[PDB]
Enquirer: 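Before my questions: this is siponimod bound to Sphingosine 1-phosphate receptor 1.
Throughout, protein chains are lettered first and strands after them, A, B, ... in sequence-line order, and every chain is numbered starting at 1. One-based numbering, in listed order, for ligands and for the atoms of each. What you see below is based on every heavy atom in this structure, not just the backbone, and it leaves out hydrogens, waters and symmetry mates.
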Amino acid sequence: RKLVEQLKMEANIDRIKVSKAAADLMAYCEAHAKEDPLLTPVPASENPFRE
Amino acid sequence: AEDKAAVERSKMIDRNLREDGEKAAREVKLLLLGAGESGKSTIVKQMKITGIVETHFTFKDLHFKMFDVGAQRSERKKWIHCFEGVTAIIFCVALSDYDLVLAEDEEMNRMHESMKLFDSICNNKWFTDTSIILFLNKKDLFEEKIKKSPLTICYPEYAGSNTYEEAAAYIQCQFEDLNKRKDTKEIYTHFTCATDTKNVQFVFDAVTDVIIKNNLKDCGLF
Amino acid sequence: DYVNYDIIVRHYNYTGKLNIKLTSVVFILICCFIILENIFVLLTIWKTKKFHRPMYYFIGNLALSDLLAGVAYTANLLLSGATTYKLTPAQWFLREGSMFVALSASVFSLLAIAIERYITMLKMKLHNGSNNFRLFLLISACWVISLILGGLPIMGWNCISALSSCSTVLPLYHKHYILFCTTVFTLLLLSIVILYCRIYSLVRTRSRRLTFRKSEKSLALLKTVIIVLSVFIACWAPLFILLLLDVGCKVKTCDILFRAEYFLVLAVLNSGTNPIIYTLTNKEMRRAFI
Amino acid sequence: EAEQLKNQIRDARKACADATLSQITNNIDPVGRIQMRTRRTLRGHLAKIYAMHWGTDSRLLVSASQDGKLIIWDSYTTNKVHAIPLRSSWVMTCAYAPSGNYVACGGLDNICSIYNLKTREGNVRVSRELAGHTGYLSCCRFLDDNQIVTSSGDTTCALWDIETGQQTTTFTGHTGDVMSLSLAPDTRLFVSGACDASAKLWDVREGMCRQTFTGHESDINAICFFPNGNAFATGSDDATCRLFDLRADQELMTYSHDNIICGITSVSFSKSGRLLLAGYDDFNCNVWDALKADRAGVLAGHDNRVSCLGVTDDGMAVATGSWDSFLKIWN
Ligand SMILES: CCc1cc(/C(C)=N/OCc2ccc(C3CCCCC3)c(C(F)(F)F)c2)ccc1CN1CC(C(=O)O)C1
Ligand SMILES: *[C@@H]1O[C@H](CO)[C@@H](O)[C@H](O)[C@H]1NC(C)=O
């Protein structure tokens with residue numbers, strides 16, 4: 001009874017088409033692309049592990 | 001103003017780390033394993049004279065740490081590799097478990113379960129060059145039992161007579177055949193009882209033999 | 001002097017040696033074989049990350065010594081014969097001292113390996129430390145003593161001042177120098193033999209005290225020690241005896257002293273035997289090779 | 001009934017995949033080759049390294065080794081700020097409190113030890129020991145200076161109250177060993193991956209499993225939250241990584257390659273979530289492009305398997321810890 005009870009509570013859940021989730025992930029990654037040092041090599045002067 | 005102090009403190013910490021590592025490198029590491037109703041507790045009790053239990057004992061100018069992990073009901077393949085690098089593995093079997101069934105109580109012979117465990121451990125990829133000290137426990141109880149119930153109840157293919165020496169050697173051989181890495185590691189065997197007084201000596205000699213073999217392998221002489 | 005082409009003629013004439021060969025071809029082939037073997041050994045100790053422990057540096061040191069000995073023997077074969085008389089005494093001393101330095105280096109590398117092994121089996125320590133102080137001390141003493149011992153004749157101590165004291169084998173060497181070199185070889189041979197005997201004795205005595213139920217490592221060890229010592233002595237005994245006889249026999253008395261190339265090729269052969277002996281018995285090098 | 005419930009879940013999921021992630025992300029420019037170099041090398045551990053965790057200041061980090069040491073490093077200067085002698089050397093995880101005051105660790109002792117760093121004497125004392133788990137400790141993460149979440153081999157997770165030392169909440173429902181966990185940025189949810197080859201999303205306030213995610217064919221060894229808290233990534237023993245979205249309740253992307261056949265030990269994201277760094281058993285760390293299923297870099301500097309992996313909160317550096325006993329800061 002415990003197993004069916006958990007699954008039944010996992011069925012009545014507000015899902016969305018995967019396209020919307022893909023769009024959200026893509027948008028979020030684009031929005032913070034100008035602040036990711038490992039993605040955009042920062043100038044050596046502002047990098048604490050070079051000088 | 002503070003970087004000098006920082007570097008000094010780091011150098012002191014390095015000093016202590018080096019000294020602790022040097023001290024820890026002079027200790028033998030033993031991993032203790034066995035089935036439930038084996039005589040593992042007896043081995044630990046006579047060798048001392050919620051998680052993982054460590055027992056430290058010093059014998060003949062040699063310090064040993066023995067780690068017992070019997071209280072891990074979790075899956076073994078997630079943490080067995082943590083013991084890669086121990087000097088040796090002590091494995092305990094109970095000779096009296098040959099006529100005994102498991103908690104299933106339908107066909108799961110206890111001795112077969114112990115054999116399966118020994119086979120899994122001996123041929124495990126993480127323990128290829130690591131030796132196994134085998135302790136066959138309960139030898140007095142076994143001796144008494146085999147006067148009544150023939151060994152055939154375990155190992156149906158066994159024509160040998162029902163006497164202690166013959167069947168005991170038979171089971172020793174059955175366990176030593178399961179070894180597939182028959183070239184890289186040894187399997188030292190010793191028939192324990194309730195009271196022997198010489199099991200620490202046997203473990204000491206086994207570890208000394210392993211040490212000599214490893215030294216010869218550090219040279220090119222092995 | 002050191003720039004007079006008449007000195008070599010004068011000494012070879014005194015020792016009775018005043019004169020391409022076929023045997024040179026086979027000897028050069030043997031030298032190429034030795035060079036190839038030692039290059040393989042050196043390449044194996046480098047490619048495998050596991051082989052970075054002190055004991056492996058000693059093996060590679062021996063490999064380098066044997067490679068150098070092969071190269072020196074090749075050069076000495078190329079520049080010998082009729083190229084001797086077209087040679088300045090300085091060039092002559094260089095040609096001979098190259099061989100002396102190389103073979104001495106190989107023997108000292110064998111001693112170095114023996115010393116490391118005897119230190120390791122005396123400690124009996126659970127992990128063997130990658131100590132570098134002795135690894136530098138021993139691998140440097142080898143080459144330094146080799147260069148000093150093999151450089152003495154050119155920096156004086158030769159037969160040029162007085163022709164009476166000339167070995168028949170190297171007519172521009174002083175027999176006392178050859179006696180010194182043979183004594184040094186004797187000390188090195190005794191050291192290596194005693195070291196390996198003590199290693200075997202340690203292993204056997206320690207294994208005797210252990211009580212198992214009804215040797216295996218104390219017999220294969222004896223076989224390995226026998227192989228090592230026997231091969232070494234068999235390869236180096238003919239030339240050592242030859243040079244003792246040379247220090248003894250007077251000029252123009254012993255004909256054997258003229259066909260000394262066979263003894264030299266056997267002693268250089270030991271350099272080819274070394275990689276086989278110190279790689280096949282490891283039983284870990286073999287896997288790393290492939 | 002259970003079979004029909006699973007069928008309904010499957011159908012309601014397959015009715016959401018109108019188009020695969022690769023399609024919508026198809027045209028965005030590829031990241032190109034990513035090249036990072038070892039700007040530091042931390043030395044001092046004398047055994048395997050099993051876990052590391054960056055401090056929130058992005059300068060100090062803690063590493064746990066089977067040599068029985070918890071070492072707190074300054075990654076700028078490489079100075080060892082602290083060295084803590086753990087009572088049990090069989091550590092598997094370690095955490096750094098967001099405030100920089102405490103560290104945690106644990107392992108085969110089944111205990112979560114909590115150590116106080118800022119003390120009047122100036123030495124590191126053991127502050128608390130959390131003892132209610134029945135299997136080993138796989139992972140631990142503070143929520144603040146007084147709450148910590150732990151995952152265990154006993155197939156359970158726990159939320160603790162450090163002051164009183166009592167399990168405040170228990171999360172049951174996994175069927176295998178729980179191997180890793182990752183707190184959501186908001187600190188209200190957390191995901192756990194287990195040896196039953198499934199991940200679960202847990203509500204910390206309530207204590208119930210909200211969603212289960214499947215697809216992996218073996219143990220999930222690592223799990224990391226995506227920066228915006230609406231997705232996570234799991235690395236498995238089937239030599240694969242996968243990306244799941246909570247609102248879709250479905251698998252989006254799968255990062256794998258034929259040349260890759262070993263297991264995954266750790267996963268992390270870059271500060272923007274565009275790069276997915278995964279450590280592997282074959283001694284390397286691959287830099288996947290999260291949006292586009294394409295490898296874009298390799299961090300190859302270790303001789304044994306890359307056991308742990310981390311990214312700073314500022315996103316400036318990566319940390320790799322390996323069984324070869326060395327940590328490397330990559331930039
Ligand atoms: C005629 C044959 C010949 C012989 C030689 C000799 C005798 N090399 O001896 C090497 C040596 C090296 C090292 C040692 C040891 C010293 C102590 C430490 C361990 C090594 C010894 C030693 F003696 F000590 F054992 C000997 C050299 C060149 C030629 C060929 N030349 C071209 C030919 C010609 O032109 O006729 C002359
Ligand atoms: C060899 O030596 C003898 C006596 O010393 C001398 O008469 C003879 O001319 C020498 N031969 C040559 C070719 O110089």
Enquirer: Give every ligand number or chain letter for siponimod.
Expert: ligand 1
Enquirer: From which other chains does some heavy atom lie less than 4.0 Å from siponimod (ligand 1)?
Expert: C
Enquirer: For siponimod (ligand 1), which part of C/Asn76 has a heavy atom less than 4.0 Å away: the side chain, the backbone, both, or neither?
Expert: side chain
Enquirer: What part of C/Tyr12, side chain, backbone, both or neither, has a heavy atom within less than 4.0 angstrom of siponimod (ligand 1)?
Expert: side chain
Enquirer: Hey, does C/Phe240 sit under 4.0 Å from siponimod (ligand 1) if you only count heavy atoms?
Expert: no
Enquirer: Using a 4.0 Å cut-off to any heavy atom of C/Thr84, which atoms of siponimod (ligand 1) qualify?
Expert: 35 (O)
Enquirer: Okay, using a heavy-atom cut-off of 4.0 Å, which transmembrane segments of chain C touch siponimod (ligand 1)? I'm counting from the N terminus per UniProt.
Expert: 2, 3, 4, 5, 6, 7
Enquirer: Nearest heavy atom to atom 11 (C) of siponimod (ligand 1): which of C/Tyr73, C/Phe108, C/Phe100 does it belong to?
Expert: C/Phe100
Enquirer: Which is closest to atom 16 (C) of siponimod (ligand 1) by heavy-atom distance: C/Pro171, C/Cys181, C/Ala260?
Expert: C/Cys181
Enquirer: Which of the sphing-4-enine 1-phosphate-binding residues recorded by UniProt for chain C place a non-hydrogen atom closer than 4.0 Å to siponimod (ligand 1)?
Expert: C/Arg95, C/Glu96, C/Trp236
Enquirer: Define the binding site of siponimod (ligand 1) with a non-hydrogen cut-off of 4.0 Å.
Expert: C/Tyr12, C/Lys17, C/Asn76, C/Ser80, C/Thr84, C/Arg95, C/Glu96, C/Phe100, C/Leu103, C/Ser104, C/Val107, C/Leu149, C/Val169, C/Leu170, C/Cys181, C/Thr182, C/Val184, C/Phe185, C/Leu188, C/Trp236, C/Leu243, C/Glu261, C/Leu264
